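Lettering: A, B, C, ... assigned in the same order as the sequence lines. Chain A is numbered as in the PDB entry, which gives 17-34, 257-364 for the residues shown. Residues 304-367, 394-670, 737-793, 802-939, in that order, are what chain B shows, numbered as in the PDB entry. Note that chain C is numbered according to the PDB entry, with residues 8-375 shown in order. Every heavy atom of this structure was used, including side-chain atoms; hydrogens, water molecules and symmetry mates were not. Counting starts at 1 for both ligands and their atoms, in listed order.
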Amino acid sequence: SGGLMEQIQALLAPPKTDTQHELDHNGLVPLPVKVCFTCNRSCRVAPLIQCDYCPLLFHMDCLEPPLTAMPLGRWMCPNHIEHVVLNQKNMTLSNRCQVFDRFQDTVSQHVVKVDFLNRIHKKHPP
Amino acid sequence: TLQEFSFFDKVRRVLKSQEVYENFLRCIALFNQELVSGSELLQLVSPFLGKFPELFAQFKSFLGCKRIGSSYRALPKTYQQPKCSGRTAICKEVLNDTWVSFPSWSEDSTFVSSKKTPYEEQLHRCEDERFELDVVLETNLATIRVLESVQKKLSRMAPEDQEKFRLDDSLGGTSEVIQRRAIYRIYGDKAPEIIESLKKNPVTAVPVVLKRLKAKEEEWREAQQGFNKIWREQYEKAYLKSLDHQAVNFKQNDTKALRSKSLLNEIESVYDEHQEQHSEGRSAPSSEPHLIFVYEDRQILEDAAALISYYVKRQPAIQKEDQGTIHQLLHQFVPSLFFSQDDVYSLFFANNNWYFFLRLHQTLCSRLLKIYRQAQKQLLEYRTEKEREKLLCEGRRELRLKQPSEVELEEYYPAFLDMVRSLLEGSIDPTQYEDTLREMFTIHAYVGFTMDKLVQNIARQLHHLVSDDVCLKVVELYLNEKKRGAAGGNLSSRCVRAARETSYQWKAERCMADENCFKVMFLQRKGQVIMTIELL
Amino acid sequence: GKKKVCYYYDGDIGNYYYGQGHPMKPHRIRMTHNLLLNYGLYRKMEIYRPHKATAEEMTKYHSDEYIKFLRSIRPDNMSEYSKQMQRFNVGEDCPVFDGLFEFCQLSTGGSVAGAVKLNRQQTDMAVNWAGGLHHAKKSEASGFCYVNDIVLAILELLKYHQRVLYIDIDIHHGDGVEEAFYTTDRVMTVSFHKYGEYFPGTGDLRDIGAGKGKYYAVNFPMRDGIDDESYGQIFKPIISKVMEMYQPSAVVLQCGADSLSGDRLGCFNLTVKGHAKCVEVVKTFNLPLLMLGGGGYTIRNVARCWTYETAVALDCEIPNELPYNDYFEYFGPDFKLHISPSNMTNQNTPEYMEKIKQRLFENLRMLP
Ligand SMILES: O=C(CCCCCCC(=O)Nc1ccccc1)NO
Ligand SMILES: [Ca+2]
Ligand SMILES: [Ca+2]
Ligand SMILES: [Zn+2]
Ligand SMILES: [Zn+2]
Ligand SMILES: [Zn+2]
């Protein structure tokens, strides 16, 4: 580790006279596989990023617009609804969360949602 | 009606999950509460159904302080903007006044240690070491020149005026700092007294300062000559290794990437992806191969065969009968499979071992071709550069090292093959082999760093390809079926013989019913051979 | 054809010392000049001595308080300005060294004199390698820069030119210049830079301007290891589209060399030829052009790059063999003008570049 810096600074001195969707440890595509939502390909082509709200894996290039770097924090996939809620940026996250939880207790609602769909679907309004 | 039920059936089938489907239901319900317009509704549903044109068309028919950007914040309105005295009309009308952009990060500094091989750090250290000494030397020399100029000016005027000459804190130069910095460096703590003497009485004080500066300059110059001698052969030992960013990673990554389990996984994953696509019913034809590789030269083929034969002929555990058998397999059967003995294809049904051998052989051939192309490019670039630099008037358009001759440049590739043979025999050390490769092919040399092991791997496959009755039965079945012409043939006659080909596949299924079965198609086109492998 | 290129060099610029171990070294300019002398490029070029810029020419963009602090602070009175030193971000990253105000004066004066020369139509090309400090803000120092001379040069250019186009090929994002002209349509700033856990942390794809200056600021974020082919493939069409939509009258080109391979702080994989291809492409459009320096922290590569671009701007061809000069031993062991790249992985895949280019094209089509 012989560097010349000490000798130069002495020579010039003044005369101061004072998890599952990743490659294995050895490196292998885990099986069974989970694929990107846009291309249906695994982590072998490119690393996959996992949305932390829904189980949808994505590729950094398969997005629109593509991500330039890895998202360090919690990332939101483009397949959710809070994006249209983000159109109005004045309101804080607590009101948004309470609005979402207004529909978080009857999550199925399948009969009523198909019913509302056909109710709107009628071309001539009632 | 039932059409809506069928639509919902196919959408929850295609989404393959309940959470994404329920998000879609939340979207349509939020629409149903009259908070969403039709165009906005389709722009929200586009993420879910952007890859099914049929589903999207069916859904369309069924329907019938402020912040901007990502890194700019608005300044407070009641914020005392710092006054400026030079603001002209264009300054007021043009300059930004309301947004201030806050750096969206905190990490202090990491340079690029992520990608800076230890050999690029030594070069950086040697550079900064050179720069410190050089900057001190050039400050001293500039001060010497300034004092020489002021002394020459002083010596030309009347003696009764010399005692009336004085100097300011610039000391005759154009800077108020640099000359004082040099004098401070020379004199340590006694610098202010010398500076006052130079400013007050230049006539008597200039020559002694000049003498001291000159003596220090000569001593520093000889020390720098010694340091220059030492700094060399560190650039030489570090330069080529600093540009090769992959060797350390590549050696281990390749020593793993060639294992049988890794090769098997590389195709099993693709098979699983295609199976999932078929399950989701996406528009993908059920005849495409899972993997595709290209052979672009026959000369590379016989070169690789010669290398493998060279290694196998020097084996102690392989008997003369097995040597002959491997010779027939390598120089006769394989070229026949590649049709060395358009729109002409060959069909082959193989087990795991033949798939491994084909993968390894393709890897070796591709690397040999890469090295060959690099050598050709180097020779062409050298010839073009010589032709260009011969015709140069340079500035009229208003030691070193001796580069190799053209003959060495065109003999690089046979020398590379001889080097590979020497490494395989064990006569040359891996370190010297790697260094010669790096000096021969610069940043494309790593492609050949782990060739011998690769060859070794291939050899093992060949040996097993003789000892396992399954493999010889496979090649015999291929030969017997080709005698009928069903396995492989002209592209047009496929539909003529297709049923017969089916029979062949049937036999494969009843010969390896406990083992993976691979369909391999060798398609010839324009001098290249495309090997397409699919798992059954 | 062959035209006139004014060159600005002050012999004292190489002596200013940033500190021990600091990546920023003005010495590079000196070596660059030395190379220009040993290729015989002084005969076809006009060399000027830049006049020092008064504080009055700096307070056109910077506040008087920040300039007064810069003119007053010295290494021997750091104790009496500590609070101010915290306020103006003068400290660890941007140190206070001996004669920093004179350094700022020379660097600013070179580019301001070049801009004045271009305004007077006495030339259509001015070169100042001491300039190119684009990270400095109105009242703070950032990214080794204390005074933003690019903004001052553009403010000088705006007195005769209606539209001024600024191009930045330094590996970092030129946040100071972009922020200075964020809400105006008379200056459009194109920046190509690395993005994601990198200084200064700005310059997103969606930073397109504000107010009247909307769609007049374009950023191309990149990944590690971009090389000559990708850079050439995405620089020429974007610049052609920018010049066809915007139709500028003057061009300011920041030629920072920290985007070359082997840089002490950069991550890219460009070479000298690929770097100067951008200069050739810009020069093709025949506009009053001001070329500036900037970053670059592998000193020998900076010298090579800037001497090659100076040769290219003169339409002069120079041999690949480096002539003997005062700093010859810096260029071992090959002693060649051109440099070789590494084999680092190019993380910018073709689909990423195509998508970003398409987004930029759709952003550009919206200009009037
Ligand atoms: O080149 C630049 C400036 C890069 C500034 C990077 C700041 C972080 C850093 O590396 N600081 C530093 C490193 C060593 C010593 C002192 C400061 N802009 O174009
Ligand atoms: Ca940039
Ligand atoms: Ca603008
Ligand atoms: Zn994908
Ligand atoms: Zn999601
Ligand atoms: Zn930079």
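The drug candidate or drug found at ligand 1 is named vorinostat. Here the macromolecule with the greatest number of atom pairs within 4.5 Å of vorinostat is listed in the PDB entry as Histone deacetylase 2. Other chains near vorinostat (heavy atoms under 4.0 Å), by letter: B, C.
In terms of polar-atom proximity, defined here as any N/O pair under 3.5 Å, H142(C) does make such a contact with vorinostat. Proximity by heavy atom, under 4.0 Å to vorinostat, holds for these of the UniProt Zn(2+)-binding residues in chain C: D177(C), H179(C), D265(C). Interface atoms of vorinostat facing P30(C), defined by a heavy-atom separation under 4.0 Å, are 13 (C), 14 (C), 15 (C), 16 (C). With ligand atoms numbered from 1 in the order given, vorinostat contributes 3 (C) to contacts under 4.0 Å with heavy atoms of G150(C).
Contact analysis leaves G301(C) out of contact with vorinostat, as no non-hydrogen atom separation drops below 4.0 angstrom.
The proximity of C152(C) to vorinostat, defined as any non-hydrogen pair under 4.0 Å, does not occur for either the backbone or the side chain.
Under 4.0 Å from vorinostat, there are other ligands or ions: ligand 6 (zinc ion). Of the candidates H180(C), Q261(C), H179(C), the one placing a heavy atom closest to atom 4 (C) of vorinostat is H179(C).
Annotation for vorinostat: atoms under 4.0 Å from non-hydrogen atoms of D177(C) are 19 (O).
Within the structure, the closest approach of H141(C) to vorinostat falls below 4.0 Å when heavy atoms are considered. Only side-chain heavy atoms of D265(C) come within less than 4.0 Å of vorinostat; its backbone N, CA, C and O stay farther off.
The deposit gives chain B the name Isoform 2 of Paired amphipathic helix protein Sin3b. According to the deposit, the organism of chain C is Homo sapiens. Backbone and side-chain nitrogen or oxygen atoms of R271(C) are examined, and none is located within less than 3.5 angstrom of a nitrogen or oxygen of vorinostat.
Among the UniProt-annotated Ca(2+)-binding residues of chain C, those with a heavy atom closer than 4.0 Å to vorinostat are the following: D177(C), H179(C).
For chain C and vorinostat, the nearest UniProt active-site residue, with heavy-atom distance to 1 Å, is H142(C), 3 Å. For atom 3 (C) of vorinostat, the choice among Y205(C), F440(B), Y304(C), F206(C) with the nearest heavy atom turns out to be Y304(C).
At 4.0 Å, heavy atom to atom, the residues around vorinostat are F440(B), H29(C), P30(C), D100(C), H141(C), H142(C), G150(C), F151(C), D177(C), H179(C), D265(C), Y304(C).
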